[PDB]
S.K.: 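Before my questions: this is estradiol bound to Estrogen receptor beta.
In this entry the chain letters A, B, ... are assigned according to the order of the sequence lines. What you see of chain A is 262-417, 420-498, where the numbers are those given in the PDB entry. Numbering, chain B: per the PDB entry, residues 1-10 in sequence. Remember, it's 1-based here, ligands and their atoms both numbered in the order they're listed.
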Amino acid sequence: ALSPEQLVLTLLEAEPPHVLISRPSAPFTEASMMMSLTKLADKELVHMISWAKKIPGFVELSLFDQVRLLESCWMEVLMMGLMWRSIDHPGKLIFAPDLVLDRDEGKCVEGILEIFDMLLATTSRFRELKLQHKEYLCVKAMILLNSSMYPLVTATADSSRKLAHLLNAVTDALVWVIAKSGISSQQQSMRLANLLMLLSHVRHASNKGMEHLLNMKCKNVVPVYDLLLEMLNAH
Amino acid sequence: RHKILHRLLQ
Ligand SMILES: C[C@]12CC[C@@H]3c4ccc(O)cc4CC[C@H]3[C@@H]1CC[C@@H]2O
């Protein structure tokens, strides 16, 4: 199940559905643009839980570690999906098939234009590298499995070893996919380093987005509900 | 606290 060709096919079959949403009838305001983006995020979070349960070994971790990994990565995983949907469309963010925002539309919401420019620049670096679909599947699974999991004290020890074995198997799978290209050994090491250095850019953008959303919530610009509200209250 | 996520995990 963890051998490279079987693991990559399992990740391919686990991909979540595209969630559909459209623009409002009236011109956007700061409040109505925040309402459309947060309604989409809440529904994608529900499907994200079903995706994580499909990754081999994940439901064999402690329930406590399952919850802690999703709390630590959910905004990063929403942004990685958006970047892959937008990779062939310079100057646009493809939130859904009927919600395609031009860069300049971020001028509608205070503080969001900087975050759109971060997302668009990291999308442009994956376009320049010619990121392949099977490389994307491995890097998105590494985002889930790679957070700090500094020791905490639970009322109830193999769950950490189980996590390292799973993260090692996904890393081996990405090295196997790169080796199909047949480029030089130096070029394979350089491509691996280039893809993994972009993980810090996805964490940077997710930090700025989490601050922005918590401030829009506190100031009553947008109301938030159910799963999205719970993940924010817990942060 | 993690009230609704537990529910979807099981
Ligand atoms: C979290 C925000 C609303 C939801 C947005 C979203 C919504 C859905 C999705 O697939 C990706 C993203 C990334 C950008 C996010 C925004 C950045 C700041 C804003 O508050």
S.K.: Indicate which ligands or chains correspond to estradiol.
M.R.: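 Short answer: ligand 1.
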S.K.: What are the letters of the other chains with a heavy atom below 4.0 Å from estradiol?
M.R.: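 Based on heavy atoms, that gives A.
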S.K.: Quick check for my notes - source organism of chain A in the deposit?
M.R.: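 The entry gives Homo sapiens.
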S.K.: To which UniProt domain do the majority of residues of chain A contacting estradiol belong?
M.R.: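 According to UniProt, it is NR LBD.
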S.K.: Does estradiol have any atom sitting under 4.0 Å from a heavy atom of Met479(A)?
M.R.: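 Under 4.0 Å: no for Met479(A).
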S.K.: Is the closest heavy-atom distance from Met473(A) to estradiol below 4.0 Å?
M.R.: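 No, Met473(A) has no heavy atom closer than 4.0 Å to estradiol.
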S.K.: Does the protein put any heavy atom within less than 4.0 Å of atom 2 (C) of estradiol?
M.R.: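 Under 4.0 Å from atom 2 (C) of estradiol, zero protein heavy atoms found.
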S.K.: Could you tell me if any non-hydrogen atom of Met295(A) lies under 4.0 Å from any atom of estradiol?
M.R.: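 True for this residue.
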S.K.: Between estradiol and the protein, find all N/O pairs closer than 3.5 Å and give the distance for each.
M.R.:
{"residue": "estradiol", "atom": "10 (O)", "partner": "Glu305(A)", "partner atom": "OE1", "Å": "2.6"}
{"residue": "estradiol", "atom": "10 (O)", "partner": "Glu305(A)", "partner atom": "OE2", "Å": "3.4"}
{"residue": "estradiol", "atom": "10 (O)", "partner": "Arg346(A)", "partner atom": "NH2", "Å": "3.3"}
{"residue": "estradiol", "atom": "20 (O)", "partner": "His475(A)", "partner atom": "ND1", "Å": "3.0"}

